[PDB]
Amino acid sequence: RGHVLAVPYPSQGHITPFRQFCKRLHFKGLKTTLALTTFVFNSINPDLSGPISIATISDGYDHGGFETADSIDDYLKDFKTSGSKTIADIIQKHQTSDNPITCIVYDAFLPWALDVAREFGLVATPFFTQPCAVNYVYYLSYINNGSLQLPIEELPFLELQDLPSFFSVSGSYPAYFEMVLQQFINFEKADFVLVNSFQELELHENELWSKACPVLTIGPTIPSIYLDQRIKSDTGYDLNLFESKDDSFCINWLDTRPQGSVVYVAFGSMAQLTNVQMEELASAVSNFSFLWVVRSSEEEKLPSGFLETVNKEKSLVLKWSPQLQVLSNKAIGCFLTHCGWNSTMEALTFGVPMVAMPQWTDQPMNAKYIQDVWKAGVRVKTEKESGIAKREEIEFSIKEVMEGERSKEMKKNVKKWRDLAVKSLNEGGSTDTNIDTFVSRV
Ligand SMILES: O=c1ccn([C@@H]2O[C@H](COP(=O)(O)OP(=O)(O)O)[C@@H](O)[C@H]2O)c(=O)[nH]1
Ligand SMILES: *[C@@H]1O[C@H](CO)[C@@H](O)[C@H](O[C@@H]2O[C@H](CO)[C@@H](O)[C@H](O)[C@H]2O)[C@H]1O
Ligand SMILES: *[C@@H]1O[C@H](CO)[C@@H](O)[C@H](O)[C@H]1O
Ligand SMILES: O=C(O)c1ccccc1O
């Protein structure tokens, strides 16, 4: 008779793994309530794929969300204040109910949630939505104090341009940098540490980070239908902040294309590219058959007249994609990606080789593992005066994944991950066992 209150950070790349993890807990017999901010809750269009219980909380920006904050530091500060009160509201209200909350799974970005869980005598477990290698680097910085020493002794192959953007773009995003460092301020006092990865994907880094902490890999959070198929209702991502266009057009359009012919291009839910970068992309893209996601707020930055000179026989532009169905479609030749962790793990488990074009935060690390560890893609060369990828380098990287000699080797190397993820989610696998360890304790 346990009840987990799950609290993601209010963004798509964090709500999705949290929701998928709750579906796994429901399948194991554990009730969950998902705590969403009021702005996010009123932004979702509910087409559910499974049972869901949602409580709303506040970050202090119910009306406008993050865009109405004065600054990133004010947003996180108000969210700790408002979010701590409204999380406590849910726990207190449920204390006289059939199933009082017994545990808080909270986003590692929000370590103040452990203070609330302690105040009510609850089990507390941070949930890291980024891979073990990224988190371990941040842990090493924190136990120093905000500084990392290259080379990292137990990971000597990493260079400065492989690190999270906060290290290589000096002074960038100081409040977000303090946030990722402060994920470890009280993890000492946490019962477990949960991570959206699976052990066979980063054995070395999972082993290293586990010496410091009790870490439980519980991923990948990809819907059950694509992998182990143990959860029959888990057919897709069902908490979308972005309207889905009514997905059939894009997937009908992909079915007409020859196998491996389409270059899929997407940058996640919040990355913003410059006009100069959009033009180098739009030029490089146009030498190929492509499916490119440009979010509605980014359409301004494409060259004027572009969305009409597209060749509609071979190519298509969307505001948002059904990315899971896109990546499982065999018209896809390769994935030009910003290397957000969900998109990386989705590309890996589906066997789609990548052109890595990291933009910031943990993306450079994922780009490095994509190219040099998993050997499932190549990283675009960026010119150093700008940080920008020129169209000729973007085109070279696409062709290297689409057709070169290492292209054939990268396709077989990435096809191994599906069965390893499936094995991990099935009975007796590392993730399935780690979920049972967590459920037993709760
Ligand atoms: O057009 C799109 C682009 C992204 N995604 C989903 O949005 C999530 C993006 O998370 P990620 O960690 O890759 O990037 P972030 O948005 O956090 O930068 C992923 O689950 C993708 O499958 C989608 O459904 N349609
Ligand atoms: C972190 O700061 C960045 C700006 O540097 C914000 O864009 C980001 O806000 C996210 O933006 C998404 C839309 O692009 C929303 O889906 C998400 O809820 C919101 O958190 C900040 O988190
Ligand atoms: C932070 O800056 C990056 C570029 O470095 C951009 O991709 C994001 O949109 C912004 O939040
Ligand atoms: O939403 C994310 O994926 C994210 C990742 C790193 C830093 C800040 C963020 O909002």
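The numbers used for chain A are those of the PDB entry, and the residues that appear cover 5-446, in sequence. Per deposition record, X-ray crystallography, 2.0 Å. When a ligand or atom number is given, it counts from 1 through the structure's own listing order.
The drug assigned to ligand 4 in the PDB is salicylic acid. Going by contact count, the macromolecule most engaged with salicylic acid is what the PDB entry calls UDP-glycosyltransferase 74F2. Per the entry, the organism of origin for chain A is Arabidopsis thaliana. Given atom 2 (C) of salicylic acid, the protein heavy atom at minimum distance is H18 NE2, 3.4 Å. In this structure, atom 7 (C) of salicylic acid lies nearest to the protein heavy atom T365 OG1, 3.6 Å. UniProt's UDP-alpha-D-glucose-binding annotation for chain A and the heavy-atom shell under 4.0 Å around salicylic acid share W364, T365. Of the candidates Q134, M274, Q16, the one placing a heavy atom closest to atom 5 (C) of salicylic acid is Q134.
Relative to atom 4 (C) of salicylic acid, the option among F113, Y13, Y180 with the closest non-hydrogen atom is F113. Residue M183 has at least one heavy-atom neighbour below 4.0 Å for each of these atoms of salicylic acid: 7 (C), 8 (C). Of the candidates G344, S15, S169, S15 brings a heavy atom nearest to atom 1 (O) of salicylic acid.
The residues of other chains having a heavy atom under 4.0 Å from salicylic acid are listed as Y13, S15, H18, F113, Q134, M183, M274, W364, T365.
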Using a cut-off of under 3.5 Å, which N/O atoms of salicylic acid pair up with protein N/O atoms, and what distance separates each pair?
{"from": "salicylic acid", "atom 1": "1 (O)", "to": "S15", "atom 2": "OG", "distance (Å)": "3.1"}

